[PDB]
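Figure: runcaciguat in its bound pose on H-NOX domain protein.
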Amino acid sequence: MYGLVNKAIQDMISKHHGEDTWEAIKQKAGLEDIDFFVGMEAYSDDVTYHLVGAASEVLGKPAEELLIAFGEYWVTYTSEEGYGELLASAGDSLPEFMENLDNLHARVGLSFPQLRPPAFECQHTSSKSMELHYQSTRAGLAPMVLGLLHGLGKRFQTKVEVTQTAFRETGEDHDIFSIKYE
Ligand SMILES: C[C@H]([C@H](C(=O)Nc1cc([C@@H](CC(=O)O)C2CC2)ccc1Cl)c1ccc(Cl)cc1)C(F)(F)F
Ligand SMILES: [Cl-]
């Protein structure tokens, strides 16, 4: 993934648990070489997987929980690190933001040539409900989408309840989320 992801994890861990913990997570990840992450630089996906696995050990939390928390932190963090305007352009309500996802990724992919964006398909099901189909080149990140949705809820001051209705883990073609909202 691009450095920005890893920076965000470092920053989420650092603010919530201080620096020496970061550094131990870092060493346990096998990442002592690497001095700092470069935001626009492509890294191997394992750097991120190993960061998450190592934070899970050091902090005594499932990787999945850490992933939910990352998903919550990620929109706010990117909005403050140079992507504020861009996220603002993707809309003024949660459902408008969902529908703009693909066009947002098209714009992001101008600046990040090797972006592998996930596929998001949104069905507006009832008035306070949506169904979100999620397909990724990466495995295991459904809990992050959950947290991200919560983050979007907060962004647009909209109450959100999210339930995963289908899991790739059980052998379904893709992750599906039912989303109920304010
Ligand atoms: C709003 C965000 C959207 C984003 O995070 N997109 C995204 C997500 C991933 C996931 C994993 C994956 O499924 O491959 C990696 C972050 C771990 C990889 C590639 C991309 Cl382009 C987004 C956020 C900020 C900005 Cl600045 C632009 C886009 C979402 F996910 F909800 F769509
Ligand atoms: Cl990517």
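Position 1 is the first residue of the sequence, and the numbers go up from there. Counting convention: from 1, in listed order, for ligands and their atoms alike.
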Identify all ligands or chains assigned to runcaciguat. ligand 1
Which residues form the binding site of runcaciguat when counting heavy atoms under 4.0 Å? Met1, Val5, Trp74, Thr78, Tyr83, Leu87, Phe97, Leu101, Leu104, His105, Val108, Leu115, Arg116, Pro118, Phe120, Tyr134, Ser136, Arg138, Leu141, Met144, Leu148
If you have a sec, work out which protein heavy atom is nearest atom 5 (O) of runcaciguat and how many Å separate them, to one decimal? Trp74 NE1, 2.8 Å
Of all the non-hydrogen atoms in the protein, which one sits nearest to atom 24 (C) of runcaciguat, and at what distance? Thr78 OG1, 3.6 Å
Nearest-neighbour protein heavy atom for atom 21 (Cl) of runcaciguat, which is reported as residue plus atom name and distance: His105 CD2, 3.4 Å
For atom 30 (F) of runcaciguat, what's the nearest protein heavy atom and its distance? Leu148 CD1, 3.5 Å
Atom 11 (C) of runcaciguat - nearest protein heavy atom and its distance: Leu141 CD1, 3.4 Å
N or O contact, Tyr134 vs runcaciguat, cut-off under 3.5 Å: yes
Taking 4.0 angstrom as the limit and counting only heavy atoms of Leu101, give me the atoms of runcaciguat inside it, by number and element. 32 (F)
Between runcaciguat and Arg116, is the shortest N or O to N or O distance under 3.5 Å? no
Quick test: of every protein heavy atom, which one is nearest to atom 15 (C) of runcaciguat, and how far off is it to 0.1 Å? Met1 SD, 3.7 Å
Any idea which atoms of runcaciguat are less than 4.0 Å away from a heavy-atom of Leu115? 21 (Cl)
Looking at atom 25 (C) of runcaciguat, what's its closest protein heavy atom, distance included? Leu87 CD2, 4.0 Å
Within the structure shown, which other ligands or ions come closer than 4.0 Å to runcaciguat? ligand 2 (chloride ion)
Could you list the atoms of runcaciguat found under 4.0 angstrom from a heavy atom of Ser136? 12 (C), 13 (O), 14 (O)
Check each atom of runcaciguat against the heavy atoms of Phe97 and keep those under 4.0 Å away; list them by number with element. 1 (C)
For chain A, what organism does the entry report? Nostoc sp. PCC 7120 = FACHB-418
Tell me, which protein residue and heavy-atom name are nearest atom 20 (C) of runcaciguat, and how many Å apart are they? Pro118 CD, 3.7 Å
Please identify which atoms of runcaciguat are closer than 4.0 Å to at least one heavy atom of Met144. 10 (C), 17 (C)
As an exercise, identify every atom of runcaciguat less than 4.0 angstrom from a heavy atom of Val108. 27 (C)
